[PDB]
Protein chains: 4
Amino acid sequence: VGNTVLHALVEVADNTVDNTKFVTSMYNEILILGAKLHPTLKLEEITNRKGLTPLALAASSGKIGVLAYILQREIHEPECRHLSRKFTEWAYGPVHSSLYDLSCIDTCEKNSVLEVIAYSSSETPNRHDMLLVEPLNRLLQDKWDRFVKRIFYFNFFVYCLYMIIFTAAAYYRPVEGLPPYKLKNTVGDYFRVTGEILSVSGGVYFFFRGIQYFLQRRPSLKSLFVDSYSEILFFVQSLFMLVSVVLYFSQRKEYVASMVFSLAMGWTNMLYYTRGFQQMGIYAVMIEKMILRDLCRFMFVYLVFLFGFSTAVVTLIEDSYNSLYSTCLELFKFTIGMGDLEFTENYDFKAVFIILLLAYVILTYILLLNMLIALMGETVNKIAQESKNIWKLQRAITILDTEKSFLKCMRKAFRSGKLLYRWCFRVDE
Amino acid sequence: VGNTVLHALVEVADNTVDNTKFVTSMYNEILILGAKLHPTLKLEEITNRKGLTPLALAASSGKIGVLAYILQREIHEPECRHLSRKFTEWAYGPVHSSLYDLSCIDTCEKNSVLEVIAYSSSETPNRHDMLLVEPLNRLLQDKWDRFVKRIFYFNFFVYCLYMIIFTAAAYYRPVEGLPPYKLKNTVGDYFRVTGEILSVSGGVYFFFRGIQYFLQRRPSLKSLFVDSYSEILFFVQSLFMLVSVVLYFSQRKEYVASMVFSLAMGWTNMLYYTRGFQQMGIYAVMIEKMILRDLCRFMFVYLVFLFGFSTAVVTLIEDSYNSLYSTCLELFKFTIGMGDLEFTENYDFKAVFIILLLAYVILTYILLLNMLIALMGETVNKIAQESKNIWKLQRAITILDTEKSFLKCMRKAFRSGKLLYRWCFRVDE
Amino acid sequence: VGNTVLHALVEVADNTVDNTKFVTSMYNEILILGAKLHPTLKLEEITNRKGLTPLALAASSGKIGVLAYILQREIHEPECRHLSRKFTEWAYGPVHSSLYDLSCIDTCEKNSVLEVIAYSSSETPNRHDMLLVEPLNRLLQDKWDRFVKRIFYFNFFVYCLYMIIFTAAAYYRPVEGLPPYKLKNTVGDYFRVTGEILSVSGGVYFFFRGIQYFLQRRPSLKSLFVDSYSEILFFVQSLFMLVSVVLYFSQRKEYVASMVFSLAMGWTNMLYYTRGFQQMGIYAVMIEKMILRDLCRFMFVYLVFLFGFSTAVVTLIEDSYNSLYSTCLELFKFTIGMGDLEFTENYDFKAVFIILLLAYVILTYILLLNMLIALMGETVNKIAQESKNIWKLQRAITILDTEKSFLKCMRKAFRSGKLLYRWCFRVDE
Amino acid sequence: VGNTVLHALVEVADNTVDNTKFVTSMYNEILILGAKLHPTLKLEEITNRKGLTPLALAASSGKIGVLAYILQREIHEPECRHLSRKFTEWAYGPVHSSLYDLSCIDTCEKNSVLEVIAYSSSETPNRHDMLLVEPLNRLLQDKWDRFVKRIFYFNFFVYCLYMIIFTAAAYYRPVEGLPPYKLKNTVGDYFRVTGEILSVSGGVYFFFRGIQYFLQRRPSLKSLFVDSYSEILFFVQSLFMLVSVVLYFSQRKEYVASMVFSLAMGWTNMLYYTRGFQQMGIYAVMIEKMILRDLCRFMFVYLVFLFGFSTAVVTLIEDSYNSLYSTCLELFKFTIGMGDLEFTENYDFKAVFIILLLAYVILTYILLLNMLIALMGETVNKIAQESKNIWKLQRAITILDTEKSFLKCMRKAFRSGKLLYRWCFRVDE
Ligand SMILES: C=C(C)[C@]12C[C@@H](C)[C@@]34O[C@](Cc5ccccc5)(O[C@@H]1[C@@H]3C=C(COC(=O)Cc1ccc(O)c(OC)c1)C[C@]1(O)C(=O)C(C)=C[C@@H]41)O2
Ligand SMILES: C=C(C)[C@]12C[C@@H](C)[C@@]34O[C@](Cc5ccccc5)(O[C@@H]1[C@@H]3C=C(COC(=O)Cc1ccc(O)c(OC)c1)C[C@]1(O)C(=O)C(C)=C[C@@H]41)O2
Ligand SMILES: C=C(C)[C@]12C[C@@H](C)[C@@]34O[C@](Cc5ccccc5)(O[C@@H]1[C@@H]3C=C(COC(=O)Cc1ccc(O)c(OC)c1)C[C@]1(O)C(=O)C(C)=C[C@@H]41)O2
Ligand SMILES: C=C(C)[C@]12C[C@@H](C)[C@@]34O[C@](Cc5ccccc5)(O[C@@H]1[C@@H]3C=C(COC(=O)Cc1ccc(O)c(OC)c1)C[C@]1(O)C(=O)C(C)=C[C@@H]41)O2
């Protein structure tokens with residue numbers, strides 16, 4: 001297959017206890033023997049065919065036990081010490097000054113651990129808990145507090161400012177016919193056009209960030225939304241903004257129709273930032289999961305009921321209200337507690353009409369919505385814990401993005417290590 | 001009783017571990033003895049008085065342990081090999097190439113394992129997990145993908161086309177008094193009457209499918225709905241369609257009153273197809289259970305409250321609204337969040353009227369509905385797993401129906417097996 | 001203390017396994033020894049000052065271990081056989097034909113087992129599962145099917161007929177001032193007054209049944225409602241009916257105000273019968289437990305919010321709506337999804353008014369009601385099983401009432417046993 | 001660090017079983033040894049640097065094992081038993097007449113056990129369960145019944161009377177312009193102004209109680225609300241009352257705006273007293289927890305959606321409704337089941353407007369609210385058991401407040417102990 005044994009050791013694991021201990025054993029034996037035989041050449045550096053070291057492979061596939069072992073390897077023996085992943089400085093009883101190597105964790109130049117674990121395919125079974133392995137959890141916490149937190153809040157703040165400017169520009173849009181509109185020398189219009197230009201500028205910036213994202217990642221349609229959800233939403237916002245520009249200069253009023261959707265998305269995309277706050281990000285996570293997972297089925301069923309009874313009632317009535325659309329709305333309104341239940345007298349067979357509406361109300365307003373709540377009930381009872389960590393996963397994503405951009409034309413964003421050397425990082429735990 | 005010991009061995013099981021091992025033991029003993037004593041005569045063909053082999057008995061009664069043994073039984077000894085149910089071709093470490101016999105599994109011509117599991121009496125305790133026994137799950141998956149998936153989607157699509165034609169025909173029904181109506185030479189009317197003819201044709205087809213179903217199955221009233229729910233709904237749709245035809249030619253306007261229910265049912269019956277999709281079928285299954293199991297109790301209680309307080313308020317008022325029906329609606333509207341709570345002034349004892357309505361609102365709008373939700377809460381926490389499998393059963397039903405119909409006057413729809421020879425099926429697992 | 005050893009042996013138990021085995025051991029030893037010493041006199045007949053045998057004491061206090069022992073105790077030794085509670089006739093493998101004595105289990109003349117269980121004080125910890133002890137479950141099932149089922153359905157049916165007559169009489173009440181009203185010789189008047197007479201007759205009958213109930217039971221206020229809930233409701237219906245009679249002849253229109261509550265109460269009392277049907281009685285039990293347990297806390301809190309903010313808003317407005325009652329209703333309507341949220345313009349400080357209403361809406365409509373749902377969620381997840389046994393308890397109550405009344409001036413409601421003898425009852429299980 | 005070994009022994013625990021036994025062992029051994037070596041000097045009196053004895057330290061930090069031991073520590077060795085915490089008077093079989101010392105439990109003059117538990121920093125992991133340790137539970141129950149219960153009901157009653165007077169005064173406020181208002185010699189004015197004076201007096205009293213509370217406690221902002229919630233609410237009510245006074249004499253009508261919030265605050269603060277009633281205080285606890293914990297996240301998300309789509313729709317429409325506020329209300333009304341869903345025709349692109357509203361309704365009305373319920377569902381399933389103790393904890397707070405105030409210039413609120421002596425307290429258990 002073109003891979004070394006150490007990768008196959010990764011492939012054969014399954015995160016069970018017996019399996020974990022056995023794979024630990026094989027790692028131990030092969031690493032010590034290889035050290036004794038080829039002390040010049042290091043094995044764990046050697047990549048598989050896809051350019052991943054065994055560490056990154058365990059990270060990529062969700063093999064938490066192997067990964068935990070490899071990150072937690074101390075070698076303190078003659079002629080083997082150089083292969084250690086951690087050491088201990090201070091051997092106090094309750095607390096240890098542990099010291100970890102960061103090789104191929106942030107700097108790998110092919111695929112680092114945070115890269116492969118963070119940007120895995122979403123099938124990776126353990127990406128939620130896998131960051132709780134001590135050195136990674138510690139690094140993300142350190143990077144968060146140290147420099148990324150402030151930049152993230154700045155990004156959130158500037159997004160808020162962008163949205164305030166966009167909202168202000170949109171709300172005070174000119175009302176004349178036939179865009180584009182002449183800038184009047186009054187300062188109010190100067191601010192308006194400035195706001196519009198900044199609004200579009202934000203649109204273009206998000207557009208290009210989205211393109212860079214999809215070009216780098218090349219996600220597939222079958223999993224375009226399971227991952228990459230936020231980026232799609234920002235990208236789509238920008239798409240609507242740009243369409244609004246095109247219509248705005250194409251002498252179409254319809255640009256408003258585009259802008260407002262962008263504006264609506266422009267605001268709701270703020271929830272992207274609430275992700276990464278454990279206290280307040282759970283709603284954004286759960287809205288993502290519900291829309292992607294759960295809305296499709298409920299809304300197919302609901303639309304079957306709405307449409308079926310809608311066409312029943314519109315068939316029944318004859319003569320206002322005679323359109324399928326109007327009756328679709330009138331029957332929708334039962335869902336929002338404003339259904340009139342005798343909204344037309346222009347029809348025949350009152351008993352039929354009322355029986356239909358009562359059947360509709362019982363079927364949706366009572367039966368369907370409660371089953372939605374029932375399913376969500378069992379599910380959330382099962383998956384609150386998984387959302388509570390996918391918060392952390394998105395925080396890791398935020399940190400990786402933050403390091404990638406950094407906007408100084410330099411690489412002085414290192415984490416730690418001031419003592420002889422492979423970028424040691426110290427945890428007192 | 002008229003049975004052999006092989007069936008009684010099935011009857012004695014109860015799917016407990018000690019019981020399972022013991023029944024396996026007795027099977028092993030009699031298999032070896034039967035081989036050595038009557039090598040010319042096959043055991044498992046031997047039917048009980050009802051023409052059921054021991055395999056189909058273990059399947060029919062829900063005896064998952066015995067079935068799981070029998071389908072997964074390899075005999076590799078001298079003078080006993082011929083009694084094996086499966087063999088192993090490739091003894092690779094993680095995966096095996098097992099080869100299974102399909103004798104009386106899909107082709108029996110009396111009753112097969114899939115037939116007796118899928119069309120069990122619905123008391124069968126383990127019909128949900130019973131298909132998880134490897135060879136059955138593999139057969140259904142294979143035949144689903146291989147032939148039945150496309151035909152099912154075609155059936156769903158044609159049902160969608162039928163429903164679109166029916167809906168279009170119904171919506172554009174003529175408004176002239178006194179049906180039936182003369183065809184006008186304009187093409188719109190030609191399409192209309194063509195749509196009507198196709199609509200009725202679909203009605204007749206579903207009518208006759210339902211009759212064939214009930215004639216073949218002969219279900220009882222006490223369990224007519226617990227099983228066979230979908231077929232009843234399709235049949236009832238067709239019944240309404242036919243009644244609409246009769247009225248349509250009986251010079252009655254009331255055909256509309258019938259057609260719409262068929263129309264309302266026709267669209268709603270689309271959820272039938274949504275069964276068999278693991279994701280999207282969760283709701284349709286639940287609406288089957290919730291209506292059959294849970295609507296009766298809630299609606300008796302609810303109608304007791306609605307009707308009792310309805311009689312109270314209609315008694316109280318005197319003079320518009322004086323009818324029991326109108327007050328029944330006005331008090332229903334509290335259930336849909338549109339109760340006015342002072343909907344009449346033509347009455348006496350304002351304090352009594354308001355106390356009645358407040359008692360009604362608290363009793364239903366707050367207490368009864370929330371208690372429904374509480375009950376469903378416990379239940380769904382307990383039965384999400386059972387729906388998650390009954391998905392599989394509906395998929396099996398779809399497959400068995402598909403094999404039964406097949407509409408070519410030929411039997412070349414087999415799954416597999418071409419080499420020495422009882423329809424060998426390979427599972428690489 | 002004035003009781004024998006066996007009562008203390010009952011008292012010392014606590015339904016733990018070690019305790020259960022020990023107490024059964026002491027029972028065994030003392031019963032055999034007492035038989036050897038005093039073969040003339042039986043210990044287990046010996047009553048406390050309260051006239052309770054050790055069996056009825058174990059039953060009364062909720063002691064499953066002792067009770068299950070005593071009811072299921074076979075003694076087949078020389079000079080000890082005579083004190084057995086059950087014997088085994090047919091020792092078939094899977095089923096036994098057991099034969100049980102019913103002495104002091106239905107006929108005691110002081111306090112039988114079904115009496116002390118069904119009419120326990122509701123503190124009895126295990127009355128729910130206590131009927132699952134084989135011979136009691138079997139007795140209640142047999143008595144249910146044999147004669148009590150039909151009588152109960154007849155009782156339910158006659159209550160339905162009474163309620164229909166009452167409802168019909170009330171709905172068609174005369175509308176003229178100053179009751180009572182002279183009848184016209186027309187048949188409508190005769191049916192109305194006949195309906196009224198039967199209505200009152202049902203009222204009086206329920207009144208006297210309630211008095212008989214409370215006189216026999218002598219409940220206390222602190223637990224008047226925790227038990228005896230249904231009897232209180234029937235009694236109160238009757239009280240309202242009688243008050244309606246008094247006002248009806250006291251030349252006051254206000255009799256209507258009374259009648260309707262008895263009418264509404266009357267109809268809702270039908271839920272009493274739904275208890276005893278496992279399929280449909282769960283809602284009646286749930287509503288009983290919810291109203292007694294859970295309505296008080298929610299409605300105090302809710303009324304605090306409704307009243308507090310209601311006083312705030314009525315204070316704020318000045319000038320229609322200026323009364324505290326009207327604003328109480330207007331703020332109630334938010335609870336039923338019909339709150340207008342700008343229902344008055346006759347006030348000052350729109351910002352204050354709206355902030356108040358929004359705070360009110362968030363606090364009740366979104367926050368309080370969902371909290372009710374959350375509490376009930378945890379509770380029902382814990383107590384569905386206990387409701388599922390309160391069904392059994394009310395079944396026992398129904399049967400005991402049925403046997404008590406019986407309305408023939410004879411006692412020939414016995415079930416089985418004709419041969420040498422203490423009312424032998426046979427169970428195949 | 002300036003502490004003796006006993007405080008460290010307290011610190012090192014973690015309430016695990018092995019830890020519990022080990023720490024009990026070391027503490028026990030060293031205490032006996034020290035008693036043998038320095039019989040003149042008492043150790044447990046020895047405070048840490050913060051002035052806490054080891055008992056109060058174990059109490060302060062949430063250490064159940066250590067505290068349970070120390071409260072339940074009996075020493076029966078020569079020359080050591082004088083340092084026991086309990087003795088046993090009567091060694092009856094099921095119950096013991098235990099006798100406990102209360103030194104530094106209610107009287108310490110630095111920090112007593114009830115002080116450090118009740119007024120812990122709210123991080124203390126077991127404060128809710130800690131009072132279930134027998135002698136404390138007994139102390140609080142005894143003090144509750146003996147004198148505190150009546151005083152608590154009295155102060156609750158007086159708070160109710162204050163609120164009734166305040167409400168009456170506010171409701172009948174004068175309606176002239178320009179406060180303050182001259183009193184007419186009629187009695188109605190005198191009762192009104194008397195009510196106002198008492199209203200303000202209650203305001204001032206609560207103001208000063210709140211100041212005394214915060215001065216004594218010195219809470220921090222980061223945990224001002226996690227603890228001390230009720231006191232903050234009472235204090236804020238008083239602040240609003242005082243602001244109302246200032247405006248009332250500052251010749252501003254706006255005093256009404258302040259008073260009503262105090263009024264709405266005041267009535268709502270009545271829920272404070274439901275805490276400490278297990279039957280009815282659960283809702284106050286759950287509302288505290290919801291508002292502090294859960295409202296912030298939901299309302300940020302909800303306001304993002306409401307505001308985002310509000311800006312969308314208000315942008316879209318042009319011409320009544322053109323303001324952002326009005327559209328914010330119109331879209332809020334969907335949340336309360338009164339959304340009109342076609343509330344304006346003064347706009348363009350009906351399709352866009354309706355799609356926006358439908359997206360808004362689905363996103364909030366169906367999607368956001370139901371998942372608030374889902375999240376709470378998991379939470380309450382996990383935390384009803386902890387609120388069920390937070391009740392008792394607040395009862396402890398009530399008792400400590402009661403003992404602190406006592407308003408007689410005497411200390412005659414002791415429990416028992418009159419013979420040789422450290423306030424012996426008897427528990428018969
Ligand atoms: C591509 C995704 C699936 C999406 C994009 C648009 C069309 C969207 O419709 C949806 C489908 C939809 C349509 C109508 C109602 C509900 C959902 O949901 C989101 C998407 C749905 C959202 C809600 O999703 C969120 O913003 C929450 C969120 C959670 C976590 C995140 O990381 C996040 O990043 C932006 C956003 C709001 C809309 O963008 C919106 O405001 C409009 C008018 C339509 C919603 O498609
Ligand atoms: C025989 C069954 C029990 C049924 C047949 C009719 C009368 C039906 O009323 C019910 C009872 C009912 C009446 C009024 C409101 C709710 C339920 O539910 C279904 C039946 C109820 C349905 C909803 O249940 C379904 O059809 C969904 C479904 C789920 C799974 C399936 O396999 C399926 O196969 C078609 C259908 C819709 C109605 O057919 C409909 O649209 C009208 C106007 C009445 C509904 O009876
Ligand atoms: C004595 C009980 C507690 C009760 C008696 C009356 C006043 C009652 O108000 C209650 C309190 C109440 C008032 C207003 C709204 C809800 C509850 O609930 C019942 C009682 C509440 C009921 C609902 O409870 C039931 O009847 C269901 C029930 C369940 C199990 C049963 O065994 C049962 O026996 C009849 C009845 C309906 C009312 O009788 C009714 O219809 C009117 C107008 C008031 C209701 O008091
Ligand atoms: C400081 C707290 C957090 C609080 C103080 C005021 C502003 C309050 O708004 C809140 C926030 C708020 C605002 C609007 C709607 C909901 C919540 O909730 C309470 C506070 C919220 C309450 C409801 O919370 C409670 O008081 C119940 C309660 C539970 C336990 C207690 O020990 C308790 O002691 C008083 C009170 C009602 C208000 O006081 C009220 O009536 C008005 C008009 C605003 C509510 O802030």
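Chain naming here is simple, since letters A, B, ... match the order of the sequence lines and numbering starts at 1 in each. So how was this one determined? The header says electron microscopy, 3.4 Å. We count ligands from 1, going down the list as the structure has it; atoms in each ligand are counted the same way. Both backbone and side-chain heavy atoms feed into the values below; hydrogens, waters and symmetry mates do not.
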Exercise for the section: Report the name of the drug found at ligand 3, as recorded in the PDB. Expected result: resiniferatoxin
Handout entry: Chain letters near resiniferatoxin (ligand 3) (heavy atom < 4.0 Å)
Key = B, C
Exercise for the section: Give me the UniProt-annotated resiniferatoxin-binding residues in chain C that sit with a heavy atom under 4.0 Å from resiniferatoxin (ligand 3). Expected result: C:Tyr229, C:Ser230, C:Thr268, C:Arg275
Practice task
Give the numbers, counted from the N terminus per UniProt, of the transmembrane segments of chain C with a heavy atom under 4.0 Å from resiniferatoxin (ligand 3).
Solution key: 3, 4, 5
Exercise for the section: Identify the binding-site residues of resiniferatoxin (ligand 3) using a heavy-atom cut-off of 4.0 Å. Expected result: B:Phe309, B:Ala359, B:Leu363, C:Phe225, C:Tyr229, C:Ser230, C:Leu233, C:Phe261, C:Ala264, C:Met265, C:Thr268, C:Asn269, C:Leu271, C:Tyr272, C:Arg275, C:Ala284, C:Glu288, C:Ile291, C:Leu295
